[PDB]
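Caption: PDB structure containing mavacamten.
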Amino acid sequence: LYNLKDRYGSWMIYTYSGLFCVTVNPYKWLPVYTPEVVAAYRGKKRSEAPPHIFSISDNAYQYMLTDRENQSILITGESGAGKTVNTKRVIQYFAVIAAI
Amino acid sequence: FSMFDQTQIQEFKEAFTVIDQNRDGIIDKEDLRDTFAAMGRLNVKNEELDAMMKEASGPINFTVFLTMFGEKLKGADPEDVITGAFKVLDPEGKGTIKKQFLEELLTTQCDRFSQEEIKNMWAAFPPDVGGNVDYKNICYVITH
Amino acid sequence: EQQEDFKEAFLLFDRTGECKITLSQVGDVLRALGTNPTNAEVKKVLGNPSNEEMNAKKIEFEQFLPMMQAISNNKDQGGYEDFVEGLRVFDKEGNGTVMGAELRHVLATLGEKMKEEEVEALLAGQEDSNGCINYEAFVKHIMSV
Amino acid sequence: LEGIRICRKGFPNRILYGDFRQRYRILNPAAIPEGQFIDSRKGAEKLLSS
Amino acid sequence: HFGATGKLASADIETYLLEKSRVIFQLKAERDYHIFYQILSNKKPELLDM
Ligand SMILES: Nc1ncnc2c1ncn2[C@@H]1O[C@H](COP(=O)(O)OP(=O)(O)O)[C@@H](O)[C@H]1O
Ligand SMILES: CC(C)n1c(=O)cc(N[C@@H](C)c2ccccc2)[nH]c1=O
Ligand SMILES: [Mg+2]
């Protein structure tokens, strides 16, 4: 809770819980989704990068290329949490990665 | 002679031997009149035909023909290499770049010639809807 | 005499006369001439400029040519067997083939970084239709310098 | 929180012996010399012990 | 879908069930689907009169 609350208190919304991410919703539009923040995740592995959904998208693209296996990213929560926007961000991830 | 491809030399020989209409071995005003009337059109009635002799008065042989064209040929190169060079110059290799890219680069990268001649040719067509430099047409308009 | 030859080759390399020489181009003339030293060492002999310093401020080639010669004498150039030792790690099935996506990933991300655009140019015209490159041909392509 | 427990207590990553032996043999090429015969399991045991 | 070279290749949208009941009935404090009001609340009269 307090890892979340001190992060979100500083509008650091993303944290990992081991292998994956937990996101507590900012109703404010934070800059954590700027398309130039996506590039900072390019190849930046989970132990190096600060937690974000873009880290999970990069991890799925890395396990894809290494294991030669299909991957998935399973956005979940209550209503109003950001699943549609996080989906739009994951899709934005792959869109801008292919865009450069 | 080392500057010339033997193809152009033989073409100059073919042109010189066909142009001597009276088997003269030399060129005169009357030969120019028949050449312009047969090759061109009746509009060649202007006095300018007399000015053409002023450029090279008196008989001239194939050797002086070759030397005069060779000095006049400064900046000219065989078409086959120019076709290859244009195909290499295009990034797509197929004549589809816009004029503004090529005129900016040519003026920037070397030899700041006057912009107006390249601009008049490349802007002779709108670069936004017809900017494709189909280099075969460019090289042929220069020559063929 | 060889330094004078390198100087005229650099004058023919330079992109425009307005470039008295940018450190970006200093690295590019290093890489394009018959040398390819690791950047941290040459930046060390220059004096380790900051990234904004290296981008904004200018350099003079005159002093660059002696250090160019010195690093050429250091000869941090690899070797064909060393390259095969390096690239063979990717030959996971041991048949002489490596996957181009793996090469772009490590060559862009892991060492001296290159954007996806220049690594694409790096593989443009030689990448296989299935996507598996044969390392002996790739090392030979590198050997073409 | 269970996903934290299982990620800390468990083993988040596993690699096939052939894929990793070939991939990271680079850590100690004397443990996995080329040309010479090496078992992936036994080689992996030596490398990791090294 | 990604190709072998890792570049974006294709995508596939599968949708499971639209809340069709909403089209004709909404409780207090909730809208019908946004397409309805955004065509009614309109900057473009042509959509409103067509
Ligand atoms: N991380 C976030 N940043 C900015 N706005 C958010 C975030 N998460 C949720 N919201 C806002 O909350 C509302 C719901 O977001 P949405 O992605 O549609 O989730 P859901 O589909 O569960 O309603 C939207 O108005 C959205 O702008
Ligand atoms: C079985 C599963 C949990 N798993 C692993 O346990 C390890 C995976 N991949 C390894 C090979 C890897 C490590 C680092 C970067 C890319 C890939 N993939 C996986 O899918
Ligand atoms: Mg005559």
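Letters A, B, ... mirror the listed sequences (proteins, then strands); counts begin at 1. How was it done? The header gives electron microscopy, 3.7 Å. We use all heavy atoms of the structure for the numbers below, so side chains are in, but hydrogens, waters and symmetry mates are not. Just so you know, ligand 1 is whichever comes first in the structure, and atom 1 is the first atom listed for that ligand. As a textbook-style caveat: the illustration shows part of the entry, and contacts are counted within that part alone.
All instances of mavacamten together account for ligand 2. Here, the chain sharing the greatest number of close atom pairs with mavacamten is referred to in the PDB entry as Myosin-7.
Every other chain with a heavy atom under 4.0 Å from mavacamten is named here: A, D. Per UniProt, most contacting residues of chain D around mavacamten lie in the domain Myosin motor. As stated in the entry, the source of chain D is Homo sapiens.
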